[PDB]
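Bound complex of Thymidylate synthase and nolatrexed.
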Amino acid sequence: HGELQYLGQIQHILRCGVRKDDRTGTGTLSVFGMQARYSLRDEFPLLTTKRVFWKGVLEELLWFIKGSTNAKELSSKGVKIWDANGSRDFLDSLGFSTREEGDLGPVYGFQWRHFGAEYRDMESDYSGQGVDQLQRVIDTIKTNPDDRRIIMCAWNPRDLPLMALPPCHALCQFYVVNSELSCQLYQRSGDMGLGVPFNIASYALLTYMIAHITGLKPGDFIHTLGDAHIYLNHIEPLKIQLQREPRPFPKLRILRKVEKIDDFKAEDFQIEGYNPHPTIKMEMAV
Amino acid sequence: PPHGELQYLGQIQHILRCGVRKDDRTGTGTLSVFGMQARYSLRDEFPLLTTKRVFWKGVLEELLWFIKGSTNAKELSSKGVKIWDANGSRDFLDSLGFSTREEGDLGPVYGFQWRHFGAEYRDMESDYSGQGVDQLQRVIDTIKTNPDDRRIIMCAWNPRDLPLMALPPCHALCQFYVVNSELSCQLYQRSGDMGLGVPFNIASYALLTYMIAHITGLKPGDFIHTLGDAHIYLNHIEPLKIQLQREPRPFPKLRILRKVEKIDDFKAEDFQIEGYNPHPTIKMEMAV
Ligand SMILES: Cc1ccc2nc(N)[nH]c(=O)c2c1Sc1ccncc1
Ligand SMILES: Cc1ccc2nc(N)[nH]c(=O)c2c1Sc1ccncc1
Ligand SMILES: O=c1ccn([C@H]2C[C@H](O)[C@@H](COP(=O)(O)O)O2)c(=O)[nH]1
Ligand SMILES: O=c1ccn([C@H]2C[C@H](O)[C@@H](COP(=O)(O)O)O2)c(=O)[nH]1
């Protein structure tokens with residue numbers, strides 16, 4: 001079972017991790033550098049030891065793809081994961097006093113579709129400015145699948161001062177061999193309790209989507225971690241989760257033929273056979 | 001638990017055993033695996049591989065060249081370090097449409113992205129003083145003032161500058177980490193020529209970690225090497241089979257011979273490698 005690599009990482013950190021203070025003031029147990037491999041072949045790695053917020057995964061990805069940097073746009077679909085980092089108080093603490101609530105700055109959506117464009121605000125029109133990395137990845141996969149440069153990068157040093165949160169998913173790399181598409185994510189910072197399960201699902205989903213558009217089979221998702229950490233108030237909750245036996249991963253079916261990445265809608269996806277254990281409350285450190 | 005040269009030899013064995021055939025840009029052909037990670041301790045030793053002699057002069061000189069912000073291959077070539085000459089040659093540059101550039105102008109690669117990320121590239125000899133983001137000095141400053149930061153990153157991958165690069169960076173980014181007065185480094189290498197590139201590259205980022213540790217008053221911890229497309233070129237199979245027959249020897253030490261306050265002030269004569277006793281050099285063709 002693929003899920004055993006996630007649970008193995010949690011237990012590796014519980015026992016070898018080092019105490020480390022953090023930006024949030026909460027404290028963490030932390031390890032630097034880990035890697036896990038999840039198969040996408042006839043299965044989809046949505047964790048079963050706790051229910052992962054699939055609606056959030058799907059809507060957050062559609063939002064990235066659209067190029068949005070407005071947390072209220074996501075919040076109005078019922079997904080509140082970016083609300084704390086886009087709030088008035090949070091934005092004021094970084095010194096963005098005149099920024100509208102929900103304006104996260106030039107984060108993923110903007111960097112993926114408009115890398116290098118000049119950010120103004122979340123409502124501006126950026127059509128045709130900057131580099132559309134997402135569409136370039138798709139185009140390269142179709143014409144030169146052997147390419148070792150199929151990368152999408154959200155980390156933009158010049159824009160960091162304007163971001164409410166510098167991207168945790170600094171970059172991802174695609175790989176093709178034998179008509180099978182794989183993806184590796186470099187995650188610089190991983191909240192192992194709250195974020196990583198959700199982050200795994202997102203990139204697996206992105207890989208299914210791209211595979212669908214390019215006529216390829218999904219292969220592997222490789223998850224690479226920089227600072228992999230467990231917040232101190234997640235230790236007891238993760239201990240509960242580790243008592244649970246994984247159930248089989250579900251499958252993902254895409255329900256119509258879709259030609260452009262921008263045409264996918266929430267209704268085109270169906271998770272089949274997902275039957276997780278209950279959610280576990282893990283407070284978000286902000 | 002293996003923390004030295006055996007991880008590297010193990011990756012080689014794994015690609016020879018389970019690697020898939022994959023064609024590549026250079027027309028040589030490879031055996032390839034996607035996604036690998038190894039961890040090299042830097043604690044009282046320096047990971048210069050011993051089953052073949054690694055080109056230490058080239059490692060050192062290339063790192064000093066990156067640090068000073070250069071993207072001119074002639075500056076290495078002038079020192080007898082030829083590792084960038086095929087990608088900086090007149091013919092290679094012209095083959096990519098760069099007929100007006102001077103030979104050796106690799107474009108806005110590491111030196112430029114590390115010291116001036118976001119500046120508008122003109123040519124290799126332009127004055128970029130005060131332009132773009134000095135990522136390297138920022139890394140060093142964050143390490144001194146906020147060692148717990150999970151954002152201590154230097155990124156060479158610049159999508160806007162890609163069309164101008166002779167070769168897009170293989171070392172897309174690196175991340176630093178501090179705990180218990182120890183500095184570690186992780187490298188994301190999108191593409192690793194396991195025979196020729198990877199030993200030399202491990203040594204590069206181990207050396208950068210020692211230099212930064214020295215400037216910040218920290219001890220070197222680990223170097224974590226992460227690979228995207230880890231590949232053995234088909235014409236490196238014979239040389240690698242010879243290498244896998246040889247027993248690893250203890251790693252050397254690295255000594256910094258003087259107290260140096262700024263990263264820019266390091267010179268080649270400040271570094272001494274001690275007790276390096278490798279098996280001979282093995283020649284391996286460079287795929288262009
Ligand atoms: C998107 C986001 C924004 C800020 C975050 N802050 C912390 N501390 N942890 C996080 O995982 C986190 C995340 S991912 C997340 C958050 C909530 N539910 C599932 C996944
Ligand atoms: C710097 C560089 C430039 C282009 C390259 N092309 C191939 N194919 N492999 C490589 O390792 C490579 C390298 S690293 C290298 C080259 C020669 N000696 C040791 C290390
Ligand atoms: O998709 C996401 C977004 C954020 N985080 C986490 C990691 C950190 O705990 C925190 C970000 O804080 P810094 O690393 O930037 O300090 O949120 C994730 O795990 N996944
Ligand atoms: O420091 C370096 C520079 C280049 N290469 C390799 C990897 C590839 O074999 C080749 C670059 O080719 P592409 O991945 O860009 O196609 O050189 C390395 O391994 N290390």
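Proteins get letters first, then strands, A, B, ... in listed order; numbering begins at 1 in each. Both counts, for ligands and for their atoms, begin at 1 and track the order of listing. All heavy atoms count here, side chains included; hydrogens, waters and symmetry mates do not.
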In terms of chains or ligands, where should one look for nolatrexed? ligands 1 and 2
Which other polymer chains sit within a heavy-atom distance below 4.0 Å of nolatrexed (ligand 1)? A
Does the entry name an organism for chain A, and if so, which one? Homo sapiens
Report yes if A:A285 has an N/O atom closer than 3.5 Å to an N/O atom of nolatrexed (ligand 1); otherwise report no. yes
Backbone or side chain, does any N or O of A:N85 fall under 3.5 Å from an N or O of nolatrexed (ligand 1)? no
Please work out, at 4.0 Å between heavy atoms, whether the side chain, the backbone, both, or neither of A:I81 comes within that distance of nolatrexed (ligand 1). both
Out of A:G195, A:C168, A:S189, who is nearest to atom 15 (C) of nolatrexed (ligand 1) when you count heavy atoms only? A:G195
Nearest UniProt active-site residue in chain A to nolatrexed (ligand 1), and its heavy-atom distance to 1 Å? A:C168, 7 Å
Which dUMP-binding residues that UniProt annotates in chain A are found with a heavy atom under 4.0 Å from nolatrexed (ligand 1)? A:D191, A:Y231
If the cut-off is 4.0 Å to any non-hydrogen atom of A:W82, which atoms of nolatrexed (ligand 1) fall inside it? 1 (C), 3 (C)
Name every other-chain residue that has a non-hydrogen atom under 4.0 Å from nolatrexed (ligand 1). A:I81, A:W82, A:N85, A:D191, A:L194, A:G195, A:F198, A:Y231, A:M284, A:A285
